[PDB]
*Asks:* 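Below you'll find the structure I mean.
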Number of protein chains: 2
Amino acid sequence: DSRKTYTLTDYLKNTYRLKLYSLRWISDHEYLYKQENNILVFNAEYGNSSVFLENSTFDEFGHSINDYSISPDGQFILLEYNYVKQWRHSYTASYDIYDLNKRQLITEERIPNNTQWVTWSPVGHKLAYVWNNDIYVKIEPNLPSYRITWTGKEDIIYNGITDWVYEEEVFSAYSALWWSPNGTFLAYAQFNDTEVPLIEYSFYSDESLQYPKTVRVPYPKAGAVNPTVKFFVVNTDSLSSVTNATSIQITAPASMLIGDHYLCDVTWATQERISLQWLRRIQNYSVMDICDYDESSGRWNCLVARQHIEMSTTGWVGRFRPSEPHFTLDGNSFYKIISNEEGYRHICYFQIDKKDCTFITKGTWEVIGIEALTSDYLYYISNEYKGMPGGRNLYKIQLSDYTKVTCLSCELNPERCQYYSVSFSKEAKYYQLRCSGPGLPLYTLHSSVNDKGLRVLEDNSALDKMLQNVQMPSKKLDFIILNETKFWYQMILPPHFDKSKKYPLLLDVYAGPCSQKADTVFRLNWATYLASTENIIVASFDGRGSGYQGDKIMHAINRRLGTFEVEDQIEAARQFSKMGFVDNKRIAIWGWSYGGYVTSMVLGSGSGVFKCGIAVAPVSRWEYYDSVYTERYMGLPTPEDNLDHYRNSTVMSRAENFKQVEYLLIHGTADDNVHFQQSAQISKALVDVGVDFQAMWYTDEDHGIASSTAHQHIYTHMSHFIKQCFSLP
Amino acid sequence: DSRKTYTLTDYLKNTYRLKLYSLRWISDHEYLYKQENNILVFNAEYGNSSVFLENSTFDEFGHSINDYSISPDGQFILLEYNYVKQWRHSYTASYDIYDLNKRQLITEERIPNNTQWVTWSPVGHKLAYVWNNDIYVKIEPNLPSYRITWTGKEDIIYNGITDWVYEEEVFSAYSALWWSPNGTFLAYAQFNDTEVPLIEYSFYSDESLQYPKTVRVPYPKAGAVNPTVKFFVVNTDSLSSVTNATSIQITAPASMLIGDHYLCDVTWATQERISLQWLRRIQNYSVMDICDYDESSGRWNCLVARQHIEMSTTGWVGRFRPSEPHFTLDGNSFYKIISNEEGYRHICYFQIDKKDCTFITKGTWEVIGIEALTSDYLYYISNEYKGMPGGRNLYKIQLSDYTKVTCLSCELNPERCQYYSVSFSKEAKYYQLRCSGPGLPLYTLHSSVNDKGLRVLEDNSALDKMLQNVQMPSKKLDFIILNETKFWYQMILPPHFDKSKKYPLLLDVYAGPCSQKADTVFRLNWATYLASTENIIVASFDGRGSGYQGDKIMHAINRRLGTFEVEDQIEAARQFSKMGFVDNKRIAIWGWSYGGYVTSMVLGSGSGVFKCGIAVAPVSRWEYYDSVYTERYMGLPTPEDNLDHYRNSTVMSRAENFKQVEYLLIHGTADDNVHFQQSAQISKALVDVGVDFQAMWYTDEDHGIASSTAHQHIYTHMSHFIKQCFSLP
Ligand SMILES: Cc1cc(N2CCN([C@@H]3CN[C@H](C(=O)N4CCSC4)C3)CC2)n(-c2ccccc2)n1
Ligand SMILES: Cc1cc(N2CCN([C@@H]3CN[C@H](C(=O)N4CCSC4)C3)CC2)n(-c2ccccc2)n1
Ligand SMILES: *[C@@H]1O[C@H](CO)[C@@H](O[C@@H]2O[C@H](CO)[C@@H](O)[C@H](O)[C@H]2NC(C)=O)[C@H](O)[C@H]1NC(C)=O
Ligand SMILES: *[C@@H]1O[C@H](CO)[C@@H](O[C@@H]2O[C@H](CO)[C@@H](O)[C@H](O)[C@H]2NC(C)=O)[C@H](O)[C@H]1NC(C)=O
Ligand SMILES: *[C@@H]1O[C@H](CO)[C@@H](O[C@@H]2O[C@H](CO)[C@@H](O)[C@H](O)[C@H]2NC(C)=O)[C@H](O)[C@H]1NC(C)=O
Ligand SMILES: *[C@@H]1O[C@H](CO)[C@@H](O[C@@H]2O[C@H](CO)[C@@H](O)[C@H](O)[C@H]2NC(C)=O)[C@H](O)[C@H]1NC(C)=O
Ligand SMILES: *[C@@H]1O[C@H](CO)[C@@H](O[C@@H]2O[C@H](CO)[C@@H](O)[C@H](O)[C@H]2NC(C)=O)[C@H](O)[C@H]1NC(C)=O
Ligand SMILES: *[C@@H]1O[C@H](CO)[C@@H](O)[C@H](O)[C@H]1NC(C)=O
Ligand SMILES: *[C@@H]1O[C@H](CO)[C@@H](O)[C@H](O)[C@H]1NC(C)=O
Ligand SMILES: *[C@@H]1O[C@H](CO)[C@@H](O)[C@H](O)[C@H]1NC(C)=O
Ligand SMILES: *[C@@H]1O[C@H](CO)[C@@H](O)[C@H](O)[C@H]1NC(C)=O
Ligand SMILES: *[C@@H]1O[C@H](CO)[C@@H](O)[C@H](O)[C@H]1NC(C)=O
Ligand SMILES: *[C@@H]1O[C@H](CO)[C@@H](O)[C@H](O)[C@H]1NC(C)=O
Ligand SMILES: *[C@@H]1O[C@H](CO)[C@@H](O)[C@H](O)[C@H]1NC(C)=O
């Protein structure tokens, strides 16, 4: 063979690029799509377009525009710029509104600078924005704001936005406001961080800064004091008629009030009915309230007959958070994903005043998500097809006859596409299918009335052509058996793979609870280069604790992080050698984040299986990590709860066993999530026992080490180390 | 040759220890010596001893005593324990006092815990001590203490102790207390750091600390707000237990009060005469005031007729600060090292009320220090012997005839001993010589009356014969010519050095202003292992800006740090590489601190001479370093002064050029001196141009990376690096 391989320059410089089809549905019939930096509107039924916004229109705006969003009624567009990333989801920016009718910018009563979030009402053109930790509402883009809260206080009181931990762990989103479905009410959460301890780290900034600055974030580590939360609803329709419109509190149930708790879900049901879920600090008990506006009293009431209680015997509640409800039009019933009697996650259907739900799906497989609900159908993604827990397909269940279930995606192109996501139009008339593997991604448009394919949106044939002429790795997804249970693994295999030759193996690890590293997604990444150019088999493996294959497996690491998930990676490696195509002298392991911890635990296990390993931004001790995530899996680090296992599960306690391996440790200094602290303590421990290792810090990089230069630097650095570890003299 | 080499373990585990003989003169006739934990008193004339303190006297004391300090009159002993390091000289400790007459510990009115500094008066047994930034005085060990200052305040107001920058740079000590020669008066300085910005960094502590802490130190960076200082004198003979102490302030001369300035020297002349020097923040103007106590007034008066002005046109004043005066018995005249007209540092004789001084020494060589003064002789150390700048000998000059100069150490043992330091008895009747090279250290005792050599104190006999069984490297000290100027170098040469063989070379750099790395001192260090086990030549070179050779060379880097001193190392290496025994393909460079800065600048120079190098705790940008040190050499970083060269002289600007070399960058996270920031900015810059390098941070280590485990770990890592850099294909 004489075609070039997939090299590291190829990966780092993005020579081979995936084409996407990111559309935004503006109605049941139309979607927006960015083409040549023009923004086009598409008729779904026929596939014709017009230009919605010409690429010339903001030439003389004077600012690089970061993003855009159109009022639901089409009359205005919101423009975002001066974007500066905050955490994983949060950022600040400047904003302006362009009147789409008048074809004019709006210059009075403008959204202030340094605004933290902004949302259109779901209908019409109301705006809700958060500035200086307070909520404000405009009825019309050009009119003065109404202030909603007066309590905003930097790092202390958050109205309508999350604090660090609620952003990262609880909502995995920044905003904490929820418009009612026709824009009348605005629901919002308020977070109090007064007694939450601060993480403190240096930020060095450009070299022109003489003194480093101290970044200080309220961040509760395990067992520490948590933010408290309150919930409010204001009637925005009365702001123009009243001076200071009252924010009506809905208090948490008495069974949450008895101690530390969380607000873990907000979902509107109807115009006058909202639902909330709370979760005790011990994350095995949740309560859903369903609350109705009492018109004559102006107050919200949650009838105890409508409360629903979820609880767990074998582990925590939900995959990561208690699962969200989906309401039928009338708000009298709802669908929720919950773990059945066998431990598998399936769709359960509730009436709002009955506690017992009815299961509409079942089997040894799981529903991944509920994607849309019409009067006749519920659409959902699952891994049912062919018993492949790492597969994804779109299903449709007939509401009047549960035995009538159609796979809408399975057989469309079943050699090329086993992993789907979906985007439904506003009332589910159309759906876009997004196939992400095991062949090249494919984007298709479908009409829901007949379930027929309307046209191919993006098929990536341009790329396929280029890839024909490159020695690509292949991928093997399969299982092995242990104690009579299936555990999946995938392998990125060098081109011309030969079962008779002996290959070096790199074990790629994440292995956190409900993770999945063995799937059917097509990826171009570092592993691609390693299999293609360096002839390394890159393996991953879903051992105990992993997701989408049921509770028996997922909860097996309940309260016991740093055990089975760790042993099973080692076991995985023993089984690859046993396959006879793996050089037992050249087994490596590497992981980022949770994977950094597992890699490190495996390297300090004293197993003899691995020659070397790389840990990037690892957890090193569970007490250093955040309360919400750590406590969900570990409980509390108190003598009466689970301290023994917190202390027994640190990387540092294994320092002496790192004498047997070559170790590369890497961490960004401004990592606000897994604090440099945690690698500072691994390195100190290794020094203390006289172990030599390799280290790299990334100045002002966070958990993602995602900046362009640093991204390339870290994969270059790691490549040398892998090659060095494997080099044969 | 079947003998072992001096290995890396040998260096790190101190297999071969230099024996010393540290004594403390107590009179003109006797000294103390710590022998097998016992304290012995020696009579100098005869060499006989008695036991002063038996080691077992405190067997059941409670804690391990860190240090002892006997009152000058021999009645009491101060016991130091609970020693906790602060900066380079500062610490806190606890203290108890033992009465040698009553043979019992004092239990009444003990010195408080966390005492910052304590000192006996130079006669008798008074005590002055600092606690919570205030000065206290005990006339008797058991008597209640009088409080002298009430202004003391953490990180803000310092009485009788220094702030960070005065400790490190100005006094190079922590005390700011000066007893008068018979203990009547106590002179002290007060520092005010109110507007001095804080350096902040993380400290991680032991594993069990859940949240890292932020250390905050008042530290002025180049051009920032400096501390302000005041000077006071209190009569301790007139204290009341009923009235607050009265401190008489001596204000600085008007020509210092016009702007930012420093207090740089305090030296008592008599019982009632004290001298101070003040230095302008632009450190090329200093003035000495001489102030007499006015028995009528109770005030101290500094007659302008007694003011002494010192200035430099080519650089700064004094080697690092203006030199100390050595007064005669009556205090009417004094001796002081100042730069002569040829820019060589020589002894000048001053009358207290006359502007001009008289140089009593002269020549193209320099006086290192004045060590002792009698009515007949001044004893000094100089580098005159054989015009060797890196050698050190003891001389006496006859005060009535300056032509009568006698060398007291030159001829004692020329082959073994070319580097001396001395220690005189109280009245200069006896002196100790410490020879420390080029052969093994040798300690001897002498009498001044006829310069008889009484006896050998310690000759390092054991070690000598130990070393005979090891393949010890040799040291070569020589010079090269650059523009008709002699510049010196040293090479640590491997055993059995073979000039027809080609050796790899490591350039060991410091190169700071007034530095000296080519000398005759005998050292057992990293370079020793390198030459002996690894057969690497380790060279050091003293180029422009190096000290002890006149201001023509020392001042060449004035306002121009990171130029000639960097250029000169490259040229040295260049020249070394053209010698026949140097492998021009294997030349490395390393430095710590200022040498880390030079190493990095050299590596970024684009010279092509060096294949690899190591920088430990380097300065990277002069604006990050402290004011006193940096401004002395660079002036102010304003466009009206020397900003451009502050910006021309960064490691960061040279990042591109690292592309062609292998670089290891190492720094401790708790470095209060050269802040981690300096390396964080280096790392970021290399990341930004795409240059691979190696790195190592040391959690909670400071500038010395000196804790036993970190020490062994750093040298282990560096050894691995150098060996890898020097391996052939
Ligand atoms: C399919 C999916 C994945 C996740 N998450 C997002 C949060 N994520 C954690 C956020 N912080 C954690 C983290 O960063 N570490 C944990 C231990 S090592 C570092 C992961 C796990 C996956 N969510 C989710 C979780 C909570 C609310 C909504 C969605 N849903
Ligand atoms: C023979 C000698 C050496 C020094 N010094 C001590 C202080 N030292 C500086 C203290 N901080 C500096 C430092 O640590 N860096 C400077 C450049 S990189 C880091 C060195 C230089 C030599 N002194 C001295 C200086 C001032 C007062 C009294 C004595 N005398
Ligand atoms: C709108 O109403 C709120 C609540 O009634 C007012 O906020 C209160 O103001 C008082 C005194 O200023 C504080 O002591 C209370 O704690 C505040 N309560 C809350 C919930 O913030 C607010 O001032 C009103 N706004 C206007 C413009 O009148
Ligand atoms: C956020 O929480 C703190 C308590 O954790 C509240 O602060 C207290 O407020 C009362 C007045 O109602 C004071 O008397 C207390 O002394 C305060 N305690 C502390 C610890 O500061 C604060 O009001 C809360 N903020 C809200 C709800 O906006
Ligand atoms: C959105 O839903 C709200 C909530 O029901 C509607 O507000 C009510 O409108 C009816 C008119 O039929 C009145 O009887 C009630 O007094 C209103 N209640 C409140 C609290 O405002 C609102 O009309 C709907 N808005 C739109 C645009 O359809
Ligand atoms: C230490 O210095 C600060 C100034 O740096 C002094 O504070 C000033 O005090 C004067 C008189 O009391 C006031 O007029 C100023 O407003 C203060 N300035 C600032 C910036 O605080 C402080 O008093 C000094 N302390 C001592 C003991 O000398
Ligand atoms: C140390 O020297 C001081 C300063 O001269 C002595 O104090 C003076 O002593 C004389 C007698 O010799 C008295 O007439 C003065 O009134 C004293 N002056 C002051 C300012 O106190 C002191 O006696 C000496 N101290 C010791 C312990 O010998
Ligand atoms: C703007 O619009 C047209 C697409 O029809 C094209 O000429 C141009 O490439 C577009 N893109 C720009 C100006 O970035
Ligand atoms: C697409 O074509 C139809 C005609 O069949 C027309 O009515 C519709 O408005 C067109 N839509 C767009 C977005 O161009
Ligand atoms: C929730 O967890 C705690 C401790 O793990 C346990 O004692 C409690 O009974 C649990 N609740 C349920 C319903 O199992
Ligand atoms: C040394 O010897 C002399 C006797 O000649 C004696 O007086 C003196 O006290 C002795 N000194 C010591 C320190 O033991
Ligand atoms: C220092 O602390 C110890 C133990 O806490 C205490 O017993 C002792 O009295 C203290 N020392 C002084 C001088 O107060
Ligand atoms: C001495 O002065 C200080 C501060 O000025 C004051 O706090 C203290 O009360 C005074 N004490 C006496 C006894 O005068
Ligand atoms: C001190 O240095 C400055 C700045 O280079 C210079 O202008 C001046 O001549 C010097 N001061 C004296 C008193 O020589």
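Chain A is the first sequence line, chain B the second, and so forth, proteins listed ahead of strands; every chain is numbered from 1. Each ligand, and each atom within it, is numbered from 1 in the order the structure gives. Recorded method for this deposit: X-ray crystallography, 2.5 Å. Atom set for the values below is all heavy atoms of this structure, side chains included, hydrogens, waters and symmetry mates excluded.
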*Asks:* What is the PDB name of the drug at ligand 1?
*Replies:*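 It's listed as teneligliptin.
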*Asks:* Report, by its name in the PDB entry, the chain making the most contacts with teneligliptin (ligand 1).
*Replies:*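 By contact count, the main one is Dipeptidyl peptidase 4.
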*Asks:* Provide the letters of the other chains having heavy-atom distances to teneligliptin (ligand 1) under 4.0 Å.
*Replies:*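 Under 4.0 Å by non-hydrogen atoms: A.
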*Asks:* Should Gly512(A) be listed as contacting teneligliptin (ligand 1), given a heavy-atom distance under 4.0 Å as the test?
*Replies:*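 No, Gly512(A) has no heavy atoms under 4.0 Å from teneligliptin (ligand 1).
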*Asks:* Are any of the N/O atoms in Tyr625(A) less than 3.5 Å from those in teneligliptin (ligand 1)?
*Replies:*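 By distance alone, the answer is yes.
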*Asks:* Suppose I only count heavy atoms of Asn673(A) and a 4.0 Å limit; which atoms of teneligliptin (ligand 1) are within that range?
*Replies:*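 Heavy-atom distances to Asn673(A) below 4.0 Å select 14 (O).
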*Asks:* Any nitrogen or oxygen of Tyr594(A), side chain or backbone, less than 3.5 Å from one on teneligliptin (ligand 1)?
*Replies:*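 There is no such contact.
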*Asks:* Hey, which organism does the entry list as the source of chain A?
*Replies:*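 According to the deposit, it's Homo sapiens.
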*Asks:* What is the nearest protein non-hydrogen atom to atom 20 (C) of teneligliptin (ligand 1), stated with its residue, atom name and distance?
*Replies:*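 Looking only at protein heavy atoms, the one closest to atom 20 (C) of teneligliptin (ligand 1) is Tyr629(A) CE1, 3.8 Å.
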*Asks:* Tell me which one of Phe320(A), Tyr166(A), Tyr597(A) gets a heavy atom nearest to atom 30 (N) of teneligliptin (ligand 1).
*Replies:*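 When every heavy atom of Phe320(A), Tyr166(A), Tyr597(A) is considered, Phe320(A) comes closest to atom 30 (N) of teneligliptin (ligand 1).
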*Asks:* Does even one non-hydrogen atom of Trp622(A) get within less than 4.0 Å of teneligliptin (ligand 1)?
*Replies:*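 For teneligliptin (ligand 1), residue contact (heavy atoms, under 4.0 Å) with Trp622(A) is present.
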*Asks:* Checking contacts now, so for atom 8 (N) of teneligliptin (ligand 1), which I'm interested in, is there any protein heavy atom under 4.0 Å?
*Replies:*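 No, there is none.
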*Asks:* If you measure every N or O of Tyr510(A) against every N or O of teneligliptin (ligand 1), does any of those distances drop under 3.5 Å?
*Replies:*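 It does not: no N or O of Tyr510(A) is found under 3.5 Å from an N or O of teneligliptin (ligand 1).
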*Asks:* Is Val170(A) in contact with teneligliptin (ligand 1), taking contact as a heavy-atom separation below 4.0 Å?
*Replies:*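 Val170(A) counts as a contact of teneligliptin (ligand 1) under the 4.0 Å cut-off.
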*Asks:* Run through all N or O atoms in teneligliptin (ligand 1) and write down each protein N or O closer than 3.5 Å, as a pair with its distance.
*Replies:*
residue: teneligliptin (ligand 1); atom: 11 (N); partner: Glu168(A); partner atom: OE2; Å: 2.9
residue: teneligliptin (ligand 1); atom: 11 (N); partner: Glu169(A); partner atom: OE1; Å: 3.2
residue: teneligliptin (ligand 1); atom: 11 (N); partner: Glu169(A); partner atom: OE2; Å: 2.9
residue: teneligliptin (ligand 1); atom: 11 (N); partner: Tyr625(A); partner atom: OH; Å: 3.2
residue: teneligliptin (ligand 1); atom: 14 (O); partner: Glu168(A); partner atom: OE2; Å: 3.4
residue: teneligliptin (ligand 1); atom: 14 (O); partner: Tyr625(A); partner atom: OH; Å: 2.9
residue: teneligliptin (ligand 1); atom: 14 (O); partner: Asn673(A); partner atom: ND2; Å: 3.0
residue: teneligliptin (ligand 1); atom: 15 (N); partner: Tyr625(A); partner atom: OH; Å: 3.1

